[PDB]
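Here's Prostaglandin G/H synthase 2 with mefenamic acid bound to it.
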There are 2 protein chains.
Amino acid sequence: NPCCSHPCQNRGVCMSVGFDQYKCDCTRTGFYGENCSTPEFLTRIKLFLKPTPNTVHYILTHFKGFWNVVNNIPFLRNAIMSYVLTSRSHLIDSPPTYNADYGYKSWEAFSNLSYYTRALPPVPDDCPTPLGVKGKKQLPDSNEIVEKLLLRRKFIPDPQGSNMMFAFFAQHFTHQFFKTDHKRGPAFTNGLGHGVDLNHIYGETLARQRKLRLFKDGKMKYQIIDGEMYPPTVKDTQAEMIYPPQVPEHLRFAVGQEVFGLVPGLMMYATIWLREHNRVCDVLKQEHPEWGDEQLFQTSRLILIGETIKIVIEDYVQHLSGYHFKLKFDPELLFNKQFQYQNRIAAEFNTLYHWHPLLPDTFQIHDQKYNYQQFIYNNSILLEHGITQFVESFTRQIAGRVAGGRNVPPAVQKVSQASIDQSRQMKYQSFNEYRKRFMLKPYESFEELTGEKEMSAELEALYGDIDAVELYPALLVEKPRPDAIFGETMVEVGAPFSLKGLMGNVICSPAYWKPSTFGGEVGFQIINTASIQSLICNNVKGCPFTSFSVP
Amino acid sequence: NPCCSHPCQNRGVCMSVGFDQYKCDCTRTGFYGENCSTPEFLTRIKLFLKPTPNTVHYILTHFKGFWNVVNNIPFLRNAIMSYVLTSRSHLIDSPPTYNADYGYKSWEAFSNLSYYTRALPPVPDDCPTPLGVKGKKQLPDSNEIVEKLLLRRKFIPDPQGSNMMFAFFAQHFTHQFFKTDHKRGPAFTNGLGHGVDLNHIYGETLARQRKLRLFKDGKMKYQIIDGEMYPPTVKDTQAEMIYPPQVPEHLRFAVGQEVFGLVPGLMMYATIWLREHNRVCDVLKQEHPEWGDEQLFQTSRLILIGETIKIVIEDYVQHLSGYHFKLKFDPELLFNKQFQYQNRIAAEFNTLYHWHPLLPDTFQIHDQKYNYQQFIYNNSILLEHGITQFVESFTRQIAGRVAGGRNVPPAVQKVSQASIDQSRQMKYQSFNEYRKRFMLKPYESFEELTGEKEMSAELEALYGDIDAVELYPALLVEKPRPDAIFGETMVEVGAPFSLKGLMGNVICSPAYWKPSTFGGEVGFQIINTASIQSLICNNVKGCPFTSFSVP
Ligand code: COH
Ligand code: COH
Ligand SMILES: *[C@@H]1O[C@H](CO)[C@@H](O[C@@H]2O[C@H](CO)[C@@H](O[C@H]3O[C@H](CO)[C@@H](O)[C@H](O)[C@@H]3O)[C@H](O)[C@H]2NC(C)=O)[C@H](O)[C@H]1NC(C)=O
Ligand SMILES: *[C@@H]1O[C@H](CO)[C@@H](O[C@@H]2O[C@H](CO)[C@@H](O[C@H]3O[C@H](CO)[C@@H](O)[C@H](O)[C@@H]3O)[C@H](O)[C@H]2NC(C)=O)[C@H](O)[C@H]1NC(C)=O
Ligand SMILES: CCCCCCCCO[C@@H]1O[C@H](CO)[C@@H](O)[C@H](O)[C@H]1O
Ligand SMILES: CCCCCCCCO[C@@H]1O[C@H](CO)[C@@H](O)[C@H](O)[C@H]1O
Ligand SMILES: CCCCCCCCO[C@@H]1O[C@H](CO)[C@@H](O)[C@H](O)[C@H]1O
Ligand SMILES: CCCCCCCCO[C@@H]1O[C@H](CO)[C@@H](O)[C@H](O)[C@H]1O
Ligand SMILES: Cc1cccc(Nc2ccccc2C(=O)O)c1C
Ligand SMILES: Cc1cccc(Nc2ccccc2C(=O)O)c1C
Ligand SMILES: *[C@@H]1O[C@H](CO)[C@@H](O)[C@H](O)[C@H]1NC(C)=O
Ligand SMILES: *[C@@H]1O[C@H](CO)[C@@H](O)[C@H](O)[C@H]1NC(C)=O
Ligand SMILES: [N+]
Ligand SMILES: [N+]
Ligand SMILES: [N+]
Ligand SMILES: [N+]
Ligand SMILES: [N+]
């Protein structure tokens, strides 16, 4: 297959012609030529006027005094935020195109929601090398890559100060649309909503939802333990959960997402959002005494979806980005722009979000320490300390740095290996191919990638060619930005997927973004004043201070 | 329920406040006031400068010599057609909102693809009238309305000259997205693609597709009978079909849509499109000897989808509109506009497309006369005369007029009644409410509706109030436009739905609309040079002349 070398540049579409030749389709790439390598008139200009991502990043993370002014000039702040949304979203095809089984457009790839979609097509079946033509005939041993490059020896803390509230929010939030269906394969998902539908709270299906709802006052089932609201159990709901045999039945809490019993950090957020849902039911009831259970439930769900997107942009991404510019959740920024209110979760989004280096060597709640053997699947801990203590402890405990290499806890070593194996099963293209896909200059040496000698040396021995390094390993060994949690590629590839999943949501469409959609102005206000602090304050006893970074 | 009266005007959203008050959300309506009845300044100008639908109709249906010069000026034709698309499309909510079970926005209604969506919310469960407040407590008897207003007396021809090639094309084409799931009820659909995916050719599920495919050269299974290609049998495919016990096994044709064995008219088009798919496979094979069966099949499907959209716009709608303006299928017209590339089939679009008055009293094939007793479920008639004979005959036989009342054949009488009963099951609002929903002045009198004295009297007898008249009856009895098949309301409610289903297709999106998507320039040209005449000419022996109008 002549397309195995990935000849077409700048989003050009490669197509085989006969057995020995290829054709690049350069339609609307802004380029032309055999390989779509020659820039057009208008393309030379924007390229000249476009600073590098690292330059833009420096600007957004400095000049605090300047941004304090910009952040308070609404016309300016909106124009900037609007530009961030549109420019990043242009990098995603919507409606979606490829998946693991189709490196060409097809109705099957478009219509079948059980697949993760793909930002880059899979490496065709019969190629010289696994990645195309670069590198050796076989890829290096995945177990070796993890130990040599990803396995943690010494815990490296996040210089941005990310805490465990951040780490567990990340896992909780993203696991509503990263729901890999392993009984089918890594190419497939159980998240057919393909975005922020809060299925990890209400369940993926109506049958599961019904098991979790109280069907009174629009509320969800719950328990009162030690004076505080907690999720129901498997027994009471008959809603299935993944628990190992060890865990006694009375500690088998049932929430929307089947795997959230895995770790108390997830159950913490599961509990908090559950409280939030029922809290919002009470507010809506006061607002609408004439409403029934169904409209109370449905309306509350739309509120919490709004709250989620609000919090994710203005607190979560805000901290993550390190920007001094104040991001804004405001659907109206797009009502005069071209934008598709739909989303399809990309497999590569899933891969890059394996942020397991975030995880500490031990989990510290109050004055006690827990290793992974004690902490995992142990809801006794949650009940022992309560949510307030959890929030206070997690707010204080620093998370690990994601980029920079060698920071994956040994406890989750096999997860990193599987992430590599599965990406090979799905025939991912190389790291440099994904750099180019998101308008980044490909790395020219291993030393350039890591900005260092030790790992870059190990990498050269394992892959041989820089164009043979795989996506996932490279993301975790890449040179971090100055005092940043991530390197360039993580940010530049992840941001488009994220914002598309957030603003692509139906509630952001002009037909939905009305107070009536949310039961009036009171309901609408809950969304537009939501923050991670107010979420904790309204639902956690004592209203402890919280944040996504350490005090 | 204060919203029972439908207080809010101009797309404003009604919401209950307490047990006896209502609030109207006027956001982005261009209106304000308690009921969104007060136009803004700009709204008033627009309102003053906009010509009535009956005006734009008259212009487009006259000045023949003028349109010829327009039609031959690209810039002008493109600009006109571009406006045609955007203007109508703004009338549809996309992504969708309501369904039969939800008169308020909810995640269940948005996300659950098994529902037809709703352009107008259902009447609340407990209003004074089933239509709200207007009308008698009980709706008029379904049977009487059919007999008094809809049932045929003498066959009324279509002034626009629509033939049976048009009548059966309409049934075939629309039945890929009108797939009512009567197992669940009239509110539900089996067409989860919600548009033009050609599932009626290839099957709704992958399992049914595999039963119909040959898995050689991308082709679909078929029989050669009398030297001509026909669809395969149920026995050779195991693809279940709806057939009465009488039908012999060898005449049990299997095609994508389970119900297409119901009339030879459907099976004719099913045959023709089947030939077209296999014809396109041959073309692509010549273009791509290196391609496998899978890529050959998928690319052919995308080509046939485009073919379908091309034909429907530039031939089918082109005829139905009666416009002298040459309609154009050109996705490129929207690449600079705001437009959502997605669609959800509206229940009202289903209800309005019940064009059973199109049907003749007998079907004329060649030199013979078949009534409904001998025509229905009779695939032998198809093999007797063959496709070429069916085409030549159906091109000649005139279809019945849809608007004007009293032109529904007695055979499909119970269907016309069912269409009314189910509309009540799904709690449709009144005809006049749907008038307003699509920017049409509501009718003030029964005589204004029909433009006639006899039927109007029967309507007033049955309903009493003009605002108590139902959607489906009124659509049929409405005054037809001058020598036209339909009245004002049919066109103005139907066109938005149709164009949304056509241009909202993923292949019209910028990422898909390029030659590489369809195997190159050759495949691309098949779409862009397709027509109803070319369809028949390439797949029907003798290349008979055909059209959607009698010569
Ligand atoms: C911020 C991101 C984040 C965090 C904090 C996190 C925290 C933790 C954690 C304790 C806190 C544990 C014990 C694990 C352990 C696992 N994680 Co994560 N994970 C995270 C991101 C992910 C993602 C993304 C996946 C893939 C999801 C899928 O496909 O369903 C994942 C998958 C897994 C798997 C599945 C392995 C496989 O073979 O597919 C295990 C096991 N893990 N992780
Ligand atoms: C141009 C439009 C058109 C045509 C030519 C047509 C031609 C014919 C035809 C012979 C040529 C016959 C015997 C029928 C008879 C029927 N049609 Co139509 N139908 C048409 C538009 C529709 C539509 C739209 C539906 C609803 C589809 C659904 O929901 O599944 C329908 C449904 C039906 C049903 C379903 C039963 C019910 O409960 O309504 C019957 C029976 N029929 N139709
Ligand atoms: C889309 O909406 C459909 C209509 O509500 C929904 O179908 C409904 O699903 C529920 C739950 O699966 C069915 O109720 C079930 O109730 C008992 C359990 O208490 C079961 O034993 C029954 O067999 C029954 O399945 C409703 O009967 C069913 N309604 C129908 C088919 O009309 C779909 O599930 C919704 N789709 C999704 C993806 O959630
Ligand atoms: C979306 O893509 C999925 C992957 O291709 C697809 O699942 C596949 O479905 C087929 C047919 O249902 C399964 O094949 C079946 O073959 C025999 C018949 O000979 C059955 O008896 C078997 O039980 C088997 O189900 C594939 O095994 C299956 N592949 C998987 C699960 O990986 C989905 O059907 C597609 N979705 C839609 C809506 O079409
Ligand atoms: C269109 C807005 C452009 C104004 C911002 C100009 C920022 C200049 O910044 C420059 O960018 C170069 C690469 O981007 C770097 O090599 C230089 O070190 C840096 O000074
Ligand atoms: C309008 C004022 C422009 C200021 C731009 C400053 C450019 C700083 O330079 C940046 O420093 C980074 C390291 O800190 C490097 O990684 C970047 O490549 C480099 O562009
Ligand atoms: C708890 C997750 C949702 C957070 C939404 C913000 C709720 C914070 O609290 C709210 O502050 C408002 C001030 O405008 C008050 O009107 C509300 O009564 C109060 O509950
Ligand atoms: C069969 C329904 C789709 C019709 C596609 C066009 C059919 C006309 O026929 C096509 O005309 C072209 C000349 O322009 C030739 O290149 C093709 O070989 C020929 O098949
Ligand atoms: C604008 C911006 C800047 C930096 C990071 C992000 N977002 C991400 C980047 C990488 C990975 C994930 C995200 C995310 O928000 O989930 C955004 C949206
Ligand atoms: C532009 C135009 C004008 C008049 C009728 C239509 N289309 C329809 C109108 C009513 C019912 C159906 C349709 C249709 O295309 O199916 C169009 C698209
Ligand atoms: C779970 O946590 C409790 C404290 O809440 C502890 O006593 C117990 O030993 C833990 N379980 C395991 C297996 O370590
Ligand atoms: C079906 O059509 C054939 C002629 O093609 C005719 O002989 C036969 O009687 C028809 N069947 C019925 C039930 O009328
Ligand atoms: N740089
Ligand atoms: N369940
Ligand atoms: N551990
Ligand atoms: N089937
Ligand atoms: N008949």
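Residue numbers start from 1 in every chain, and the chains themselves are labelled A, B, ... in the order their sequence lines are given, proteins ahead of strands. Recorded method is X-ray crystallography, 2.3 Å. In each ligand, atom 1 is the first atom listed, and ligand 1 is the first ligand listed. What you see below is based on every heavy atom in this structure, not just the backbone, and it leaves out hydrogens, waters and symmetry mates.
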*Point out each ligand or chain corresponding to mefenamic acid.*
ligands 9 and 10
_Mind listing the other chains that have a heavy atom within less than 4.0 Å of mefenamic acid (ligand 10)?_
B
*Can you sort out which atoms of mefenamic acid (ligand 10) are near B:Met490, meaning under 4.0 Å from one of its heavy atoms?*
10 (C)
_Quick test: of every protein heavy atom, which one is nearest to atom 18 (C) of mefenamic acid (ligand 10), and how far off is it to 0.1 Å?_
B:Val317 CG1, 3.4 Å
*Considering heavy atoms of the protein only, find what lies nearest to atom 16 (O) of mefenamic acid (ligand 10) and give residue, atom and distance to 0.1 Å.*
B:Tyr353 OH, 2.4 Å
_Checking a contact table here: which protein heavy atom is nearest atom 5 (C) of mefenamic acid (ligand 10), and how many Å away?_
B:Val491 CG1, 3.8 Å
*Is the closest heavy-atom distance from B:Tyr323 to mefenamic acid (ligand 10) below 4.0 Å?*
yes
*How far is atom 15 (O) of mefenamic acid (ligand 10) from its nearest protein heavy atom, and which residue and atom is that?*
B:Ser498 OG, 2.7 Å
*In mefenamic acid (ligand 10), which numbered atoms sit nearer than 4.0 Å to a non-hydrogen atom of B:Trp355?*
11 (C), 12 (C)
*To which protein heavy atom is atom 9 (C) of mefenamic acid (ligand 10) closest, and what is the distance rounded to 0.1 Å?*
B:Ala495 N, 3.6 Å
